[PDB]
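Here, darunavir is shown bound to Pol polyprotein.
Chains: A, B, ... assigned top-down by sequence line. In order, the residues displayed for chain A correspond to 1-99 in the PDB entry numbering, which applies throughout. We number chain B the way the PDB entry does; in order, the residues shown are 1-99. As the structure lists them, so they are numbered: ligands from 1, and atoms in each ligand from 1.
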Number of protein chains: 2
Amino acid sequence: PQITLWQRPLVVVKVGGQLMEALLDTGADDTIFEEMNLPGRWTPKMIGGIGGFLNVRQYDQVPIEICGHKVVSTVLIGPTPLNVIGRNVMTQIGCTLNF
Amino acid sequence: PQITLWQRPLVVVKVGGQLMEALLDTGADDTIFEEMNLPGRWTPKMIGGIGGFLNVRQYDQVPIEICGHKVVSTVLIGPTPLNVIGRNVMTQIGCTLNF
Ligand SMILES: CC(C)CN(C[C@@H](O)[C@H](Cc1ccccc1)NC(=O)O[C@H]1CO[C@H]2OCC[C@H]21)S(=O)(=O)c1ccc(N)cc1
């Protein structure tokens, strides 16, 4: 559906077997969540934004469930003060900006 | 106009009599640009980003032109790696998420 921006655009997500809230975030190329146990192998990744940079772990082809949409996506795990749904996932649910 | 998210949602902005590019950023509460001279008084502000917390100058009631739209908004100046158009500006121009 359509979402205004008077409040933060938080949505409920399931990943991979856990429930989280995350921010629909058009300024993020990538999807990043707080420390949680994703299963399997990961590759080290550094990313930077406002206030500096973190070391994150990149998990590929992680099932994510967002609203009614199931997708399989790359997911970074590392310190973020908020879970963020990035363009890599939003494109897959057909999310656009409009004004 | 509708904007897909296959690419970063950059827009051209006029702010403080200067032209720049910025990201339409639904994950940002506030609007923040790289160091530039905005005229007048300002307040020190803490933000925290992915890597934050950090030191920024808050300028109130700054003229901003984006996509035809002229708004007057709070604008933060500080060492961000991309200029960011936050929800405080996006709501004024009527920007929504859709899917
Ligand atoms: C700064 C952007 C260019 C990129 N950021 C996404 C952005 O939407 C963050 C996303 C974000 C949101 C909250 C907390 C941490 C990160 N928002 C943000 O920094 O907003 C700040 C300005 O307004 C305030 O509102 C919230 C924080 C403040 S980011 O989280 O740092 C980021 C950086 C690198 C990658 N690869 C992916 C994401």
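For darunavir, the other chains with a heavy atom below 4.0 Å are labelled A, B. Per the PDB, the organism of origin for chain B is Human immunodeficiency virus 1. Summarising the contacts of atom 33 (C) of darunavir with A:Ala28, B:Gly49, A:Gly48, the nearest heavy atom is found in A:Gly48.
At a 4.0 Å cut-off, not a single heavy atom of B:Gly86 sits close enough to darunavir to count as contact.
Counting only heavy atoms of the protein, atom 35 (C) of darunavir lies nearest to A:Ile47 CD1, 4.0 Å.
Close approach to A:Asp30 involves these atoms of darunavir, each under 4.0 Å from a residue heavy atom: 36 (N). Protein heavy atom nearest atom 5 (N) of darunavir, with residue, atom name and distance: A:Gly27 O, 4.2 Å. The option with the heavy atom closest to atom 2 (C) of darunavir, from among B:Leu82, B:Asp25, A:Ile50, B:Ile32, is B:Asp25. Heavy-atom distances between B:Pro81 and darunavir stay at or above 4.0 Å for every pair. Of the protein's non-hydrogen atoms, the one nearest atom 25 (O) of darunavir is B:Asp29 N, 3.0 Å. Counting heavy atoms under 4.0 Å, the binding site of darunavir comprises A:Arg8, A:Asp25, A:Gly27, A:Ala28, A:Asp30, A:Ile47, A:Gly48, A:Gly49, A:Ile50, A:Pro81, A:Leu82, B:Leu23, B:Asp25, B:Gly27, B:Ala28, B:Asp29, B:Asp30, B:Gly48, B:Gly49, B:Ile50, B:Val84.
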